[PDB]
Trainee: 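The following entry includes bortezomib (bound form); I'd like to go through it with you.
Order of the sequence lines fixes the chain letters, A, B, ..., with proteins taken first and strands second; residue numbering starts at 1 for each chain. Indexing begins at 1, ligand by ligand and atom by atom, following the structure's order. These numbers come from the heavy atoms of this one structure, side chains and all, not from hydrogens, waters or symmetry mates.
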6 protein chains.
Amino acid sequence: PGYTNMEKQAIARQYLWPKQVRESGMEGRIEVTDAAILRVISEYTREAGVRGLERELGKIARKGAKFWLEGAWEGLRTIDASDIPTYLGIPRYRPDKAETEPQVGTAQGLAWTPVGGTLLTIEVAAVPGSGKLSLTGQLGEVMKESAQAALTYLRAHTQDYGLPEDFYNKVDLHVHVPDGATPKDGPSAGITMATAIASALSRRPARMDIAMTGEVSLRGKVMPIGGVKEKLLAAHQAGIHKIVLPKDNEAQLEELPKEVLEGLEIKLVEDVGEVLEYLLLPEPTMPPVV
Amino acid sequence: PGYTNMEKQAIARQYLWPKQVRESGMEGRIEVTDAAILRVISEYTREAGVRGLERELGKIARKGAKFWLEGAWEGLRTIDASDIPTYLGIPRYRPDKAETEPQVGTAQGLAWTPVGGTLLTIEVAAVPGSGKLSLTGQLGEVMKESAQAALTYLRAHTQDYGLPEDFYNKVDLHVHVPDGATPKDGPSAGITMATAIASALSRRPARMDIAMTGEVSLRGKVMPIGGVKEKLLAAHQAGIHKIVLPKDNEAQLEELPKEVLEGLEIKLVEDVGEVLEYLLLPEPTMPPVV
Amino acid sequence: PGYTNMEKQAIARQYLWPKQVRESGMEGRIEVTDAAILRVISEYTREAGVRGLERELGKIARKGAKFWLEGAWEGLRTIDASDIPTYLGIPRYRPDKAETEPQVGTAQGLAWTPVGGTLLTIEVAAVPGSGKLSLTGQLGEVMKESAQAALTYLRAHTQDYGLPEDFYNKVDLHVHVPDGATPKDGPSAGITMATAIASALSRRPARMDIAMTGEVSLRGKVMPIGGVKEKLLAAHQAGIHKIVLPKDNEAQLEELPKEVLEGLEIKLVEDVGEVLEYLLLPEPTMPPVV
Amino acid sequence: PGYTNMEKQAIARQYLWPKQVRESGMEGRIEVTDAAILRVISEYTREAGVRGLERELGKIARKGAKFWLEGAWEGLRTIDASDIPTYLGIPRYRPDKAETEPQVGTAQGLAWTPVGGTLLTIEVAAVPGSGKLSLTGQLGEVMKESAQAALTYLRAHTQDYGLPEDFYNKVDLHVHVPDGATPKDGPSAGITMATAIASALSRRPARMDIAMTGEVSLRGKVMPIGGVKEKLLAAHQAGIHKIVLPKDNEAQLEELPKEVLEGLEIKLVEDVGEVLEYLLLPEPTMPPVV
Amino acid sequence: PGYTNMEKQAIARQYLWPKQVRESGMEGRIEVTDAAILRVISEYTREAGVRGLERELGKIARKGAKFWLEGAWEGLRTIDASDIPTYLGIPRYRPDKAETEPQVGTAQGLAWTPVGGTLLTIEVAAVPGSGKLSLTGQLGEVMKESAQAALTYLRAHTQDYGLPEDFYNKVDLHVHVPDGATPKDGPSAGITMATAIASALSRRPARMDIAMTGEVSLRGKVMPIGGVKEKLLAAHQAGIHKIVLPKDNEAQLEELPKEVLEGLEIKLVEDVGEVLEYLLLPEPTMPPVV
Amino acid sequence: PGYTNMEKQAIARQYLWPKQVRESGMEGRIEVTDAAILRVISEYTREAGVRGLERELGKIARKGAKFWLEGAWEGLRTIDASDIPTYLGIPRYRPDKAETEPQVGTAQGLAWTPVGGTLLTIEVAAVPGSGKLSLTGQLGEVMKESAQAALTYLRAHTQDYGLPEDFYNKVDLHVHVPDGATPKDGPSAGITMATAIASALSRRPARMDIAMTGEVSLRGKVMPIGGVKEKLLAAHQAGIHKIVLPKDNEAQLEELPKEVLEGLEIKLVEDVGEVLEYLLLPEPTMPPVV
Ligand SMILES: *[B]([O])([O])[C]([C][C]([C])[C])[N]C(=O)[C]([C]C1=[C][C]=[C][C]=[C]1)[N]C(=O)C1=[C]N=[C][C]=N1
Ligand SMILES: *[B]([O])([O])[C]([C][C]([C])[C])[N]C(=O)[C]([C]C1=[C][C]=[C][C]=[C]1)[N]C(=O)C1=[C]N=[C][C]=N1
Ligand SMILES: *[B]([O])([O])[C]([C][C]([C])[C])[N]C(=O)[C]([C]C1=[C][C]=[C][C]=[C]1)[N]C(=O)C1=[C]N=[C][C]=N1
Ligand SMILES: *[B]([O])([O])[C]([C][C]([C])[C])[N]C(=O)[C]([C]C1=[C][C]=[C][C]=[C]1)[N]C(=O)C1=[C]N=[C][C]=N1
Ligand SMILES: *[B]([O])([O])[C]([C][C]([C])[C])[N]C(=O)[C]([C]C1=[C][C]=[C][C]=[C]1)[N]C(=O)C1=[C]N=[C][C]=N1
Ligand SMILES: *[B]([O])([O])[C]([C][C]([C])[C])[N]C(=O)[C]([C]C1=[C][C]=[C][C]=[C]1)[N]C(=O)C1=[C]N=[C][C]=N1
Ligand SMILES: [Mg+2]
Ligand SMILES: [Mg+2]
Ligand SMILES: [Mg+2]
Ligand SMILES: [Mg+2]
Ligand SMILES: [Mg+2]
Ligand SMILES: [Mg+2]
């Protein structure tokens, strides 16, 4: 049960969009193309009905009114599919490529060995509880301490990231790094765990088209790591083109083949706040844990 | 004390069925054969009296009314024994073959060694408690972490599977894998433990005519395993013909003898939700834990 | 202070028995011999006074009335000493042979080594507490897990065996297997621990003229064990003639000398419920733990 | 501040004794000698004043009235020093020999090594708490389990020995066996720990002119031990002449030199209740723990 | 959103300063230069608005009134940039050199190895909690005990340092010493941990232009350490010129090159109170933990 | 802020002393010299004001009235500096020699090695808490058990030493023995820990001009130790001339050089109560822990 895509496109054109436009005060000043409407449906909603669709159309109209405040214009400003991220932010869903779409409680990390690099996904669940923490996937002691440092940083910054103020005694956290049997260790997934934990707690989905590596200090400083070449090659080979790396590793980028560096967008960071701002979509997509 | 099977058959024909038919609005449109009634008794009830029997007959009649809504028909639609699963679902009891009948808190898993495969039953009890978890049967650390990942997945999906919302602090769980003395390890019983735990918590019995293998991620992804040939041979040899296997192991099926593959029905899965939907009968057969 | 046996015999004949008979509606239909009365005193009571005696006489009379309901008779049905167990069940006390009389919280188990078998008593105390479990007598990890599986089975079946519904958080249990210094291990005392724990919790005494061996699954399945010959010889040598053994060990009975098998009564079991029904006297002999 | 012994003797003769005699109904029927009064002071009181003295004199008079009930007599029954234990029980204090006087929370145990026996004192404190147990003096695991078995036995028999019903969650226990550095192990101080723990909990002092050895089962059975010759020689050499030994060790007594056996009084026991009845004075000498 | 620096300078001159001066009773007696005002903005405030600025100007004026009380003067006392620390204390912020500015919950420690010295930062977070303590960064047992001793000292001196009276059961502490992978051990960061913990709890920032080393006793005595030469060279090389050292290490200062000793200011301490008074700015810069 | 010593001397002579004398009823019967007043200030007070001074003068006057009760005298009894300890007890403060002055929660212990003896200070903090105990300074298991035995003894004797009745669940204790890195072990600091713990709990300062050694039993017996010669030499060399030693070590004193024994005052003890009476000043000098 629900509307077909055709029905959603039509009800948006005929009812939802004109309603949201007029309620935003923008009637006659902005429009959306058919392709824009379909992109909103496909990449910004996931539902049987159209409540979400209507909310997204309202966001577009209100963002239009913001542009109007910056400066008026004559005639119709037409929003096409290519314009949608300007109004709605980073796509929330990617039905054609689901594995790299944003997800609540996950983050894409990078590991290395003497023979090369490996992508690893950090998974975190936040469930009703009492402040317990589980750390699984055969994690070594250094990596476990890294998770603890990330969690403490978040406990000290609940306001900044929109985390529940009482999660420390009403939520249990579980950090898991598949695959289950393979030992893993080291401090370089500090920012990756901070991202996944913050996502799980806030219910804001983390982008999965970005891979990252960096040690985190307790106060949130991003510290240099090893295996830059191997990790970035592994990302590139897996079709990830957006990277987060510590600022103190900038010198190691010279070691990549120019062709690989060419197809990578690298964000250098000094503070974990920069990571969380880049990785976490602004709006929660699931109800609160408790 | 109770009714004989003969008495149950007769009271169903004379009182229970006609009552349920007329209350469903289907008098004159549907009938059941004597063989159908006996199958309901034998495979869908387990009781001294006939309260359960009457409930099952009501289910048949209401399912009839559903078919009527899809499309009316002229004359009598007669439900025979072979038709009963269309109306009542998968048989709940198999008095002739009790060991493969559905059971609350069990699931059929598959293990391997350098010399072949072995069927292993995962047992789970859910009892009044305070959120404690016991893991017994000489389980290694990887297998214990697998149980923890399965449990966390279920804690995060209580609505989806009809689990109690407060089981995390009102229920103790105990996962046991006989036999008691034999060491066991590995991540490949993740879906098997998820099935047994979900069954115990929901009081919905898990089918025991299906054997399964698959690693589970925290978010419920089913991940590939080893020993596909050995495990499937072991299932076949034990007379299990229905298998659940990770989608990522599809390539390993080529290794089975055509004759063995011939007599196996294999369901490939990517998400643990697909497993639980296939394994767990929809209706609970025991009262809630608390 | 109390009555002598002579006084108890006389007060039973003159007051207690005729009172209980007439209150049961059986005056003139049943009688007891002097030897029957003395057996009731000796094997079914343990007290200074005669409250217990009077209760047992009431049980005899009411059981008489039950036989009357099955079918009336003419004249006097006289109950002699040999008839008493038909009316009162298995003797509760054996003053001439105290070591094999039923006891609250004990069960007779059987162990083996490369040189032969050994009887071992499992002792369990249930005391006011908070759900703690102690396991002592130098028990190995497999044997400890066996105790845990037995306890969980009982937690899941409190109604079936008349266990307190809240024992899991109001009672502490202590399982001890003397002698203190000797290491012990293995899963084959699962049914033995289930018996002793159920007895301690229910305050129903367990028979000590029966020796047992069997692994228990979490759902109560009795599983095969080793050392059948050695264990049964050890029982026989110690003057125990009643044995409980897993059904799956039936084939091993062929290995016993015909003369030994001749003097043993062996009960083959598939479910722990069969064990508890055979071992535990129906009526509690001590007040509840809390 | 307090009375001198001379003042206590005189106030007893002139006021306390005649008051207690007449209040007991025994005026003219019983008397005490000066030596008897001094023994009451010295061996049954420990105080600045004479409240305790007066209580003991009342006990003598009431015990006199008990003898009167058994049978009257003509004239004066005069109680001399040698008669005092008949009226007041075992001496509570021994100012001339303080180390063997009864004490709250201690018991005299016996250990052995390849070169001989050793007396060891078991010390137990019962303090306000929450059910915690500390076991110190470099005790091995078997000896620690022995303490646990003794404590559980006492938890199951609070009525029998006059222990507080709620000690399990309002009292912390600490068992210590000096000297601090010397490792100790084994099950043979089970009765010794039961004695010291029961004494500490009940505030009834344990005799220290008796040395003991015996393993305890959970249900209180006293089980045989080793090193009988070495332990009894060690007792004899230390000037202890009263021994408690398991009944099952009776055969080992033959090994002692006739001269040593001559000067030993040995009590053979089968149940820990027999030990506690012999060791613990009937009346508490300190206020309750809570 | 906020004021530009130019706007802050002007609003201070025109409104904030004259208001604070007249409210302090000092109109006509004190003035501030433009450079002084800019230093207040840059080194004593960190904010979008000017509430903090106005507070600091009020502090200057009230400190002026204090000087007036010590002795009046004729004419205008003009406060220039070089005078600001006399009025406002040690600079709170150093925008040009942020890494050595004071920070809440950090302290600069010094370590050594057989090949030289190393600066290490101790990080501490104080978060809502229940009295838990985490110690991470691969710290050895001696170093962990050192943290415990520092924390206990602070628990015993809450009044002295303005710590919350209930932090012991309402706050969790986490001490972390990056980098995550490198093992660290020893007692010589006792004063360093005391500083960082006291800072985190009090929300008073610790100076980071001072490096320190010293063992702490439970009662706060500062005890001598090793590696004085290596540690002080490492400080000097990193551009730290202010050192805290135990008084008992004064003799080791002779070992430094005269040129290095020349550019170091060394504070010798005997008590941790001297350390905390030197390191912690007097006023908190963040709200309380709970 | 406070009074100068000159002002304190004068205000005592002119106001505080005559007030306290007349309020005690001793006007004209007792006097104090200027030197006595200065000793009271220096060795019995530590304060900015004179509240403490006035209290001490009141103690002197009331002690005078006690002497008067023992026997009157004619004329003026003049109290000089040398007399002050007769009236006020052992000096509470020693400004000229602070390291050996009495302190809350410390005690002077003695250790040995194959090459000689060493003074070691036991430090104890009592802080608001919940009954937790920390034991630090790299203490071995025997030494930790010794601390536990000392603490239990104190828990059983709260009335005797003026300890809080509820410290067992409202106070956390921390025992620390510097230096942090050096391993320490053995039972011979039992009395030393009992002293420091009792001091911390009672807030009564322990003398630090006395060094001690002795094992403690749970019931408070002081037991013999080793290294008497080495320990006493170490004390002597450090300028400690007052020693507490077990009575059972009296024979070892013969081994000291006559010259060393000459300058030592040795108190032989059998019970820890004797130690605490000698070590702890009678009046608390700090407020209660909770
Ligand atoms: B990171 O570089 O510290 C990273 C953290 C996380 C993503 C596992 N770890 C690794 O790269 C480690 C090597 C290592 C680096 C630094 C310190 C210690 C160890 N690699 C792995 O753990 C690993 C696991 N599975 C596959 C490949 N590599
Ligand atoms: B699975 O393949 O990970 C499975 C899980 C569960 C059913 C025991 N385990 C096994 O097959 C293991 C081998 C193994 C596989 C992968 C990683 C580690 C270990 N087998 C056994 O544990 C076993 C136990 N008893 C009998 C036979 N095999
Ligand atoms: B059972 O056969 O598992 C039994 C359980 C219990 C009564 C101790 N244990 C034993 O027979 C063991 C041998 C063993 C069998 C199977 C697995 C592992 C070990 N024997 C003993 O523990 C033992 C102890 N004391 C005396 C004799 N035997
Ligand atoms: B008992 O015989 O088990 C006894 C218990 C207690 C009084 C210490 N223990 C011992 O005699 C042991 C030897 C032993 C006997 C049986 C099993 C295991 C060990 N002796 C000692 O522990 C010991 C300690 N100090 C001095 C002398 N002996
Ligand atoms: B301190 O001198 O005890 C110091 C404490 C803290 C700052 C780590 N530790 C060290 O200097 C140790 C050596 C050591 C000294 C004394 C006792 C035991 C050990 N150094 C290190 O731990 C270390 C760690 N990383 C880099 C360099 N040095
Ligand atoms: B005591 O003699 O038991 C004493 C207790 C405390 C003051 C440390 N311990 C020691 O003298 C030990 C040696 C020892 C004696 C007896 C049993 C076991 C060990 N000495 C030390 O621990 C030590 C520590 N640092 C410096 C010197 N000695
Ligand atoms: Mg990484
Ligand atoms: Mg499997
Ligand atoms: Mg067995
Ligand atoms: Mg013994
Ligand atoms: Mg240092
Ligand atoms: Mg010592």
Trainee: Could you point out every ligand or chain corresponding to bortezomib (bound form)?
Mentor: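 For bortezomib (bound form), that's ligands 1, 2, 3, 4, 5 and 6.
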Trainee: If you rank chains by how many heavy-atom contacts each makes with bortezomib (bound form, ligand 4), which has the most, and what name does the PDB entry give it?
Mentor: Lon protease
Trainee: Just wondering, which other chains does a 4.0 Å heavy-atom cut-off pick up around bortezomib (bound form, ligand 4)?
Mentor: D
Trainee: Provide the organism that the deposit lists for chain D.
Mentor: Meiothermus taiwanensis
Trainee: To which residue and atom does the entry give bortezomib (bound form, ligand 4) a covalent bond, if any?
Mentor: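 The model places the covalent bond at D:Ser188 OG.
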Trainee: Should the proximity of D:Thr213 to bortezomib (bound form, ligand 4), defined as any heavy atom under 4.0 Å, be assigned to the side chain, the backbone, both, or neither?
Mentor: neither
Trainee: For bortezomib (bound form, ligand 4), does D:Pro187 get within less than 4.0 Å through its side chain, its backbone, both, or neither, judged by non-hydrogen atoms?
Mentor: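 Both the backbone and the side chain of D:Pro187 come within reach of bortezomib (bound form, ligand 4).
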Trainee: Identify any other ligands or ions less than 4.0 Å from bortezomib (bound form, ligand 4); say none if there are none.
Mentor: ligand 10 (magnesium ion)
Trainee: Please say whether D:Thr118 places an N or O atom under 3.5 Å from an N or O atom belonging to bortezomib (bound form, ligand 4).
Mentor: no
Trainee: Counting only heavy atoms, tell me which of D:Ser188, D:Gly109, D:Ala234, D:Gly137 gets closest to atom 4 (C) of bortezomib (bound form, ligand 4).
Mentor: D:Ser188
Trainee: For bortezomib (bound form, ligand 4), which is the ligand I care about here, please tell me if D:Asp185 has any N or O atom under 3.5 Å from one of the ligand's N or O atoms.
Mentor: yes
Trainee: So, at a heavy-atom cut-off of 4.0 Å, what does the binding site of bortezomib (bound form, ligand 4) look like in terms of residues?
Mentor: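 Heavy atoms under 4.0 Å: D:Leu110, D:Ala111, D:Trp112, D:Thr113, D:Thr118, D:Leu120, D:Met143, D:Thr182, D:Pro183, D:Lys184, D:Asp185, D:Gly186, D:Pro187, D:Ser188, D:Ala189, D:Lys231.
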Trainee: Quick check for students: name every N or O atom pair between bortezomib (bound form, ligand 4) and the protein closer than 3.5 Å, with distances.
Mentor:
{"from": "bortezomib (bound form, ligand 4)", "atom 1": "2 (O)", "to": "D:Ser188", "atom 2": "OG", "distance (Å)": "2.3"}
{"from": "bortezomib (bound form, ligand 4)", "atom 1": "2 (O)", "to": "D:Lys231", "atom 2": "NZ", "distance (Å)": "2.7"}
{"from": "bortezomib (bound form, ligand 4)", "atom 1": "3 (O)", "to": "D:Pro187", "atom 2": "N", "distance (Å)": "3.4"}
{"from": "bortezomib (bound form, ligand 4)", "atom 1": "3 (O)", "to": "D:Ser188", "atom 2": "N", "distance (Å)": "2.9"}
{"from": "bortezomib (bound form, ligand 4)", "atom 1": "3 (O)", "to": "D:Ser188", "atom 2": "OG", "distance (Å)": "2.4"}
{"from": "bortezomib (bound form, ligand 4)", "atom 1": "9 (N)", "to": "D:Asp185", "atom 2": "O", "distance (Å)": "2.8"}
{"from": "bortezomib (bound form, ligand 4)", "atom 1": "11 (O)", "to": "D:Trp112", "atom 2": "N", "distance (Å)": "2.9"}
{"from": "bortezomib (bound form, ligand 4)", "atom 1": "20 (N)", "to": "D:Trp112", "atom 2": "O", "distance (Å)": "3.1"}
{"from": "bortezomib (bound form, ligand 4)", "atom 1": "22 (O)", "to": "D:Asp185", "atom 2": "N", "distance (Å)": "3.1"}

